[PDB]
Enquirer: 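Today's structure: one with viomycin.
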Amino acid sequence: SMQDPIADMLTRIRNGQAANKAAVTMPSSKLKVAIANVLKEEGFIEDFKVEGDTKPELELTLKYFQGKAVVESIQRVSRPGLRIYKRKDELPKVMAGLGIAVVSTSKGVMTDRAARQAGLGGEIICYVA
Amino acid sequence: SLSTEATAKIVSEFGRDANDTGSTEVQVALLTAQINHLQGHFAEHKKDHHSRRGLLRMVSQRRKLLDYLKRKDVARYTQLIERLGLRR
Amino acid sequence: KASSXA
RNA sequence: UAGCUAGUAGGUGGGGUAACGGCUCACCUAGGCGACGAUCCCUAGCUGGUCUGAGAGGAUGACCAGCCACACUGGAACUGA
RNA sequence: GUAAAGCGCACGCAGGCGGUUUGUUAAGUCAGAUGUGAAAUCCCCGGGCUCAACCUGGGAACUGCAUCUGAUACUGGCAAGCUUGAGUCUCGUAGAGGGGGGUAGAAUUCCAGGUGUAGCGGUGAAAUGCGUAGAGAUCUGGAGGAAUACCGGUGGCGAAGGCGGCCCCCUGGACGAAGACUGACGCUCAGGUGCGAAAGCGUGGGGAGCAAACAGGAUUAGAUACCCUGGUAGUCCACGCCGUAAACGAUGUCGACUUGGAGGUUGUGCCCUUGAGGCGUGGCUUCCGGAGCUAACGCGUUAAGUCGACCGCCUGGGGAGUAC
RNA sequence: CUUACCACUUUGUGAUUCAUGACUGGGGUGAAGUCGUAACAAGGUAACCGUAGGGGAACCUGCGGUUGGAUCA
Ligand SMILES: [Mg+2]
Ligand SMILES: [Mg+2]
Ligand SMILES: [Mg+2]
Ligand SMILES: [Mg+2]
Ligand SMILES: [Mg+2]
Ligand SMILES: [Mg+2]
Ligand SMILES: [Mg+2]
Ligand SMILES: [Mg+2]
Ligand SMILES: [Mg+2]
Ligand SMILES: [Mg+2]
Ligand SMILES: [Mg+2]
Ligand SMILES: [Mg+2]
Ligand SMILES: [Mg+2]
Ligand SMILES: [Mg+2]
Ligand SMILES: [Mg+2]
């Protein structure tokens, strides 16, 4: 059954990005937005949009550059089937730096750079580049 | 299968109104009905396994509702089992 | 198994 | 190897030891353990560490040091801090 | 998928995992602080033996455990919900889905009766066999078992195995359409339970056709076979046992997502239903093919693409799915 | 002197494990052995799977399944 949206979001992005799709919809959530935010804020998509009342609908605008898309690779790290909690020294560095790692902290859902500067740790959600 | 009255009747017996057709209690009953009826159906036959496959689903499904109820409304469950005279 | 022996 | 368990599990009260304790004894409750592997078999002294490995791992417990056990074999107390 | 590897298939307990909103919690998670983590070792920088090995000063390290105090996004717990997941109801829709019970229509075989006259049958050729005590050919009615031509599909239903004449009785599931209702009740499943071709096993029936075994005739160097003439168990029914098949898509289940094109099938909605029909919208199902995947052949919105959850299984050939 | 505990040790009957055993079962390995030629081509009767019966031997036959069957049948 449908036991992991967070993942599902990521892959809807990846599957869309692949097919040169201009937009991407999905039944929404707070955390999807929390994520979707880091994507604009860190420069991977142009912006989100929530046409919703009882059954929200988060909508993303895919970025592209040349004939190739902006989300080079997007990977679900932690899963319900296997949870991943890092500290701060153990925070990952995607692409030797040139890439972000969405991590959920007790002061909010930020990037590895952010979590680093803020000097805190938490469940790493996913790698992106 | 299940008589339109017999269905309607029971919906208007265990259900908190007619039209409250999706109620847990109702289903449990609507099921217990069928299960009990078919009971005579496979009283002879015994070989209508395909149907029995259907029976078992009803029985299964019921056990999963009775269980839901026990988790939610301890009172309604306990009252319900004595009400259908089953579960033991 | 087995001509000239062998 | 899927069951194990009578001082067995707990309580009370005596006794007991440097000391807590079924450590022991009488009585009373009927418990206690187990698929998060009891029970039963097989092998083994443990660690610091050593060797290998990019690491994660695998392999290992000589020499040094810490800890435990044993002193022909089985058993037992005495002396005494 | 074909290299070793998806359990034949479903139901389901324990376990794992879990949509969406708020509050709270603070177990997991995160942050900081204090004890601690023997020395030697390793590592860094030095120092001492002519150098090195060796010896040595100080540090770093010991990725750990514990505690107190904090942080509250995610996870978990508790409280109250929400309706898209899931589920009940309403009307229908299609269907070899199942069990039980009648009957119809060809055909084979057998019996009875008629004429008839010497052939039928079979093969590569022959023969055994059936007719000279009269078959086959052939004439009529009747008995019995088994299976349902044509429709018939590239179809349909079922979890799988599987299920085709017609008719009646009880019964499963699916799907479309409008809504109504419960409100995360869900996904998966070690063990467990059940179903599970054909052959086989027990008791009793039934037995036309076909046919292991067996017999006879041929073939061949041989022929324990292929072929021919016969034919018993069996195939059919009742009940019980058996649990295996190349039980195959050699492809586990569930959910989401990713260009197209030609059909089949069963629905529903709209068009003076105008009449061959058209244009939407579902479920299911053949064919070709993009990307992507792939060792390749090929798979390709019914994935073998892109992701997640849970289970099953594989680890060189043989020995062996054997021995204990 | 006596009582309780208790070691060596005694008896009966099981479990288990190691070695060994006339004889026997298949297995593996050995340039050219004997018998036949089952499979690979439509392998000269398409093959294979489960099962059953038979046969010096591979195998042969019945029932159902599979295409991992060649062919304008
Ligand atoms: Mg006391
Ligand atoms: Mg005392
Ligand atoms: Mg390794
Ligand atoms: Mg001694
Ligand atoms: Mg294979
Ligand atoms: Mg399968
Ligand atoms: Mg909470
Ligand atoms: Mg140290
Ligand atoms: Mg029989
Ligand atoms: Mg098998
Ligand atoms: Mg094709
Ligand atoms: Mg065996
Ligand atoms: Mg041959
Ligand atoms: Mg052949
Ligand atoms: Mg056959």
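We name chains A, B, ... by the order of the sequence lines, and we start the count at 1 in each one. Part of the entry, not all of it, is on display, and contacts are counted within that displayed part. Heads up: weird residues get written as their parent (or X), and the extra bits don't count toward contacts. These values consider heavy atoms only, across backbone and side chains, with no hydrogens, waters or symmetry-generated copies.
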Enquirer: Which instances in the model belong to viomycin?
Expert: chain C
Enquirer: Can you peek at the structure and tell me the main thing viomycin is bound to, named as in the PDB entry?
Expert: 16S rRNA
Enquirer: In this structure, which other chains have a heavy atom at a distance under 4.5 Å from viomycin?
Expert: F
Enquirer: What makes up the binding site of viomycin if contacts are defined by heavy atoms under 4.5 Å?
Expert: F:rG30, F:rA31, F:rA32, F:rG33
Enquirer: Report every residue of viomycin with a non-hydrogen atom closer than 4.5 Å to RNA chain F.
Expert: C:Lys1, C:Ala2, C:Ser3, C:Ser4, C:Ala6
